[PDB]
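Contents of the following structure include sertraline.
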Amino acid sequence: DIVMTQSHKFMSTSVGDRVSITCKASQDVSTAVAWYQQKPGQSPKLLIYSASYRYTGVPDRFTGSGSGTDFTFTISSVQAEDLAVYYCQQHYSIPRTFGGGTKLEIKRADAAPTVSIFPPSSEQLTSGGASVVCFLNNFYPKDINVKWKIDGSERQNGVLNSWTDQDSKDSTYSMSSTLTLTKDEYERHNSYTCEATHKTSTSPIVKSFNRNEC
Amino acid sequence: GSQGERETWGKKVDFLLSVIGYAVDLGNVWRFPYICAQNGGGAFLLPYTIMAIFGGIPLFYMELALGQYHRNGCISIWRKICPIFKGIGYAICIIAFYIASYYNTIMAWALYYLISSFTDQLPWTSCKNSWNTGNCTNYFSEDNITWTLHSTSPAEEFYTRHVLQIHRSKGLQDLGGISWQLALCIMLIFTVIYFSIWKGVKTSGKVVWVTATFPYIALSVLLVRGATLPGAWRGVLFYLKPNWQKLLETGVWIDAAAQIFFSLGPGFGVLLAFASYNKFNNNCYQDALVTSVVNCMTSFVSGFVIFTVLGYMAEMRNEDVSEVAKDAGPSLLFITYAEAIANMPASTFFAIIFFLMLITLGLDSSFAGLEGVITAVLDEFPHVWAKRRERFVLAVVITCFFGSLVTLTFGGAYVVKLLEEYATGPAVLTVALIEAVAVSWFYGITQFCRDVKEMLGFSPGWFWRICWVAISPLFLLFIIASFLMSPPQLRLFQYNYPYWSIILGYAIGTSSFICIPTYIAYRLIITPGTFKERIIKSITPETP
Amino acid sequence: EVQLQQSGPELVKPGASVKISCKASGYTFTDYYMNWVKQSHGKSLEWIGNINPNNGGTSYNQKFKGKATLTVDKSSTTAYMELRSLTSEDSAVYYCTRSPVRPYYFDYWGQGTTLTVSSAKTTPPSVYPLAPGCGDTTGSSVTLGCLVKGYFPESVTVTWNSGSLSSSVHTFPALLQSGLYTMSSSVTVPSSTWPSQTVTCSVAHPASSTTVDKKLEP
Ligand SMILES: CC(C)CCC[C@@H](C)[C@H]1CC[C@H]2[C@@H]3CC=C4C[C@@H](O)CC[C@]4(C)[C@H]3CC[C@]12C
Ligand SMILES: CN[C@H]1CC[C@@H](c2ccc(Cl)c(Cl)c2)c2ccccc21
Ligand SMILES: *[C@@H]1O[C@H](CO)[C@@H](O)[C@H](O)[C@H]1NC(C)=O
Ligand SMILES: *[C@@H]1O[C@H](CO)[C@@H](O)[C@H](O)[C@H]1NC(C)=O
Ligand SMILES: [Cl-]
Ligand code: NA
Ligand code: NA
C-alpha cells in the first residue's frame with residue numbers, strides 16, 4: 001500500500017499570506033495526487049486532481065505543484081472562509097490512501113473575550129437542577145484561562161470547558177465554561193461570579209449575578 | 001528393401017533451431033512476463049527454475065532421447081514399447097487438432113493486423129472510423145479528458161468491433177457467423193505452413209532459419225526502443241520487484257510448473273519427431289540443455305521487452321503497471337501494447353515488425369505442431385501411407401481450416417479461451433503423465449539408461465534416474481490434480497462464461513483421450529488367452 | 001446539480017449490522033464508480049471500496065474484506081453499504097462519493113452518516129432555556145442561549161427561530177460524561193428586537209425523534 005504522510009498536522013497563517021502544505025508519499029507517484037478540502041462540519045470537496053490541475057468550480061487562488069513523491073498545495077490569498085482541514089490522496093495504485101490531514105488555522109490580532117454569565121432558568125429549577133453558565137465569545141488566540149467563583153472561593157468541581165473550532169468569518173475562537181450544580185446548593189448561595197484571564201489585558205474579566213430573582 | 005532406413009536432418013543447427021523455434025511462441029513472449037509479474041515479481045524466478053531443473057528438463061531430455069533413439073512416430077513407437085498404450089499416439093493427434101483449431105486463428109488476427117499496418121495513419125489511432133461508437137475517446141484530442149465506465153479507446157474499439165468483431169455475438173450461445181477476413185488470413189497462414197511442411201523436414205528446416213531468428217531481432221529492436229522510452233523503469237520495477245510472501249502461496253508454484261511445462265512442451269510428439277530425424281551417434285544431452293536454457297532466457301528478456309513499453313504506458317497514464325496490465329490475454333498485445341506503439345516515432349515500422357514478430361512467433365510452433373502428427377501417421381500406416389506426403393499434409397492443413405471455422409466466427413475469441421484453458425491443457429498434462437509413467441515404470445528406467453548409454457556412450461547420472469523415477473511423474477501429477485481440483489472461472493471482455501462451459505470443456509477434453517482406455521480395452525479384448533498373459537504380451541515389447 | 005443524499009444517523013448495538021443508502025441524482029448513474037470512504041472521529045479519510053453500478057462490480061480493500069458489503073440498484077440509482085460485526089471502532093462518519101475510472105478522483109461526496117455503535121439507551125435531551133437575567137444592563141446587544149443536557153448519541157440540532165436570524169449564534173461542541181452528552185448554544189441579538197419580538201430556540205433529537213421547542217423569557 002501507499003503511505004501519504006503529512007508532517008505538519010497544524011499550520012498557522014494570516015489572511016492574505018501565501019501558505020503551502022506538503023504531502024509525502026511512499027513511492028514515486030509521477031503526477032497522481034489529488035487535494036481535497038474538508039470544512040469543519042461538511043463533506044470533503046475535491047480541489048486539485050493530477051498534481052496541478054484544478055477541478056471545475058474551484059477558485060483560482062488554489063494551486064498545485066510537484067512531480068514525483070513530494071507534492072505541494074499552495075494558496076496565494078488566504079480568506080477567512082478558507083478555514084478547513086486539507087487532505088492529500090494518491091490516485092494511481094490500489095488502494096487509494098489519504099494523508100493525515102493539515103488543519104489550517106488562521107493567525108490574527110488579539111481580541112477581548114466577551115464574558116457572559118447566566119443563572120439557571122426556572123424550568124431547570126422545576127426539574128430539580130441548576131447550572132450557572134459562563135460564555136466566552138470572540139477572542140484570539142485559543143489559549144485563555146477560566147476561573148470560577150461561587151461566593152468568592154475559586155470553584156473547580158463541576159466545571160466543563162468547551163472550545164469551539166475557529167470561526168470562518170472573523171477568525172475568533174469561543175468557549176463555554178459550565179458550572180453544573182444542584183438546586184438545593186443553588187438556593188443556598190446568591191451571587192455567582194466567573195472571571196476570565198486572557199492575553200489582551202492583565203485584569204481578568206469578572207462577571208457576577210444574584211439569585212434573588214435577578 | 002524399398003524404404004528400409006529413414007532419412008536424416010541436413011545440419012545440427014537446423015534441428016537445434018527447429019526445437020528452439022517450436023519451444024518459443026506467443027506465451028513465452030507475454031504469458032511469462034504476466035505470470036512472473038503477478039506471482040511475486042522477481043521472486044518468481046526462484047520456483048520457475050526449480051520446476052525446470054526437476055520437472056521440465058528431464059521430460060524434455062527424455063523425450064528428445066527416446067525420439068532420437070527409436071526413430072519412430074508418436075503411434076508406431078508404442079508398438080515397440082507397450083502396445084496397450086498405443087492409444088496415446090492417437091490421443092495426441094486429436095489433441096493437436098484442437099490446438100490447431102485456435103492457435104492459428106490467433107496468428108490470423110496478427111496477420112489481419114499486419115496487413116492493416118501498412119497505412120501512414122494507423123487505423124487504431126483515431127476515432128473517425130466505421131466501427132467506432134459514440135463512446136470512442138482518443139488522444140491528440142482536447143486535454144482534461146476523464147475516462148468513463150462506458151468510454152472506450154480507439155485501440156480497444158479496433159480490436160473489439162473491427163478485427164475480432166466480438167460485439168456481433170452474445171457469447172458461446174450465439175457466435176455465428178464467420179468473418180471472411182480472418183478466414184482468408186488463416187488460409188494464407190495455412191498456405192505459408194503448407195509450403196513449409198509439404199516437403200517434409202527439408203522445408204520446415206529451411207523456413208525455421210527465418211521463423212526462429214526473426215523474433216530475437218524484433219525483440220531486440222523493441223527492447224532498445226522501449227529502454228529509451230521515458231518512465232520505462234516503472235514496468236521493470238513491477239517486473240522484478242521481489243514479493244516473497246507470494247512464494248508462501250501454494251498457487252504460484254503450480255503456476256510456474258504449468259508455465260514451464262507448456263513452454264517447454266514435452267509430451268506432445270513434436271520433440272519425438274524432431275529427434276527422430278538425426279544421427280544416431282549425435283549428442284542429445286547438449287542439444288536439449290542449450291535449447292531449453294535459451295527458451296527460458298528468451299522468455300526472461302521478452303519480459304523486459306514488454307514491461308519497458310508497459311512502463312512507458314503507465315508513465316503516459318498514471319502508474320501501477322498492474323492496473324494497465326490487468327487483462328491476461330490477447331488484449332495485452334492487440335490493444336494495450338499496440339496503443340503504446342502507435343504513440344511512438346516510426347510507428348509503422350514498430351507495428352510491422354511487431355505483428356510480423358507475432359506471426360513469426362506462431363509459425364515455427366505450428367510447423368512442429370503438425371510435424372509430429374504427420375510423422376506419427378506416416379510411421380503408423382507405412383506403405384498404406386507415404387505414397388505422397390503432400391496429400392496427407394494437405395488433408396491436415398485443410399482439416400485444420402475447417403476445424404478453425406468455429407474460431408473464425410464473431411465470438412471466436414470466446415471459443416479460443418474455452419479451447420485454450422478447458423480442453424487441451426489437462427489432456428496434454430494427462431497424456432504426458434501416462435507417457436512418463438510408461439517409459440519410466442513399464443519399459444524400465446535401467447533399460448532406458450542402457451539405451452542412452454548405447455547412444456551417447458555413457459549412462460545418465462543418478463540425478464536424472466532419480467528425476468525420471470519419482471520427480472517427473474509427481475511433477476505432472478501435481479499440476480493435473482491442482483487443475484482438476486479447481487478449474488478457473490473463465491471471463492473475457494466483461495463476459496463471464498456460463499456455468500456449463502466447463503462441461504463443454506470437459507467434453508472436448510474427454511473426447512481427446514477416449515482412445516487410450518478404449519484401445520487398452522481393444523488390444524486387451526482382441527489378444528486371446530488369459531488376462532495375465534494378454535497384459536504380459538501387451539506390456540513387454542516385441543522380442544525381435 | 002449532482003447530489004448524493006445518504007441516510008440519517010444510526011445508533012446500533014454492538015454485534016449487529018447496519019445498512020447505509022446513497023441516492024444519486026444530477027448525472028448519468030451508470031457512468032461513474034460509486035465509492036465509500038470511512039472517516040473516524042479525529043482521524044483521516046479511509047477508502048473502503050468501490051462498486052460498478054452496471055453489474056455491481058465491487059472492489060473492496062484488504063482491510064475491509066469481510067467487513068463491508070457494497071450493493072447497487074440501477075432501478076432507482078441508489079447505492080448501499082452494509083456493515084456486520086459492529087464494534088466501537090466502526091462508530092464514525094461514512095461517506096459515499098462518485099468517482100470516474102481515470103483519473104480516480106472523488107468529485108462529489110455525500111453529506112455523511114453519523115454511526116454510533118454503543119449499547120447506551122437513546123436518551124431524550126433535556127432542554128433548559130438560558131435567558132439573560134432581569135438585572136443586566138441592556139446595551140447595544142443582548143446575548144441569549146439555550147442548554148441541552150443528557151442525551152445519546154451525538155445526534156442533536158439546536159436552531160434559533162427557524163434559522164432567522166443566526167448571524168451571531170455560537171454553538172458549543174457536546175461533551176460526553178457518564179455516557180450522556182451535554183451541549184449549549186448562544187445567540188447575540190441587538191437590543192431593538194428583544195424582548196419585543198419572539199425569540200424561540202428549537203432542539204431536535206433525531207435519534208429519539210423528539211423535538212422540544214423552548215422560548216426565551218427574561
Ligand atoms: C462433444 C460432445 C460429446 C459433448 C456433449 C456433452 C453435452 C451433454 C454438453 C456439451 C455442451 C453442453 C451444452 C452447452 C450449451 C447449453 C445451452 C444452455 O442454454 C443450456 C446448457 C446447454 C444445453 C449445455 C448442456 C450440456 C451440453 C449439451
Ligand atoms: C508446446 N509448447 C507450445 C508450443 C506451441 C503451441 C502448440 C503446441 C502443440 C501443438 Cl500440436 C501446436 Cl499446433 C501448437 C502451444 C500451445 C499451448 C501451450 C504451449 C504451446
Ligand atoms: C475537465 O473535465 C470536466 C468534466 O467532467 C470539466 O467540467 C472541467 O472543466 C475540465 N477541466 C478542468 C481544468 O478540470
Ligand atoms: C456507449 O456505451 C454504452 C454502454 O457501454 C451504450 O449504452 C451507449 O449507447 C454507448 N453510446 C453510444 C453513443 O453508442
Ligand atoms: Cl517460460
Ligand atoms: Na514455449
Ligand atoms: Na514458435
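Within every chain, numbering begins at 1; the chains are lettered A, B, ... in the order of the sequence lines, protein sequences first and strands thereafter. Ligands are counted one by one from 1 in listed order, and the atoms in each one are counted from 1 as well. Side chains included, hydrogens not; waters and symmetry mates left out as well; all remaining heavy atoms used.
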List the ligands or chains that belong to sertraline, copies included. ligand 2
Which partner chain accounts for the most atom contacts with sertraline, named as in UniProt? Sodium-dependent serotonin transporter
Any idea which other chains come under 4.0 Å from sertraline, counting heavy atoms? B
Check each UniProt transmembrane segment of chain B from the N terminus and list those with a heavy atom under 4.0 Å from sertraline. 1, 3, 6, 8
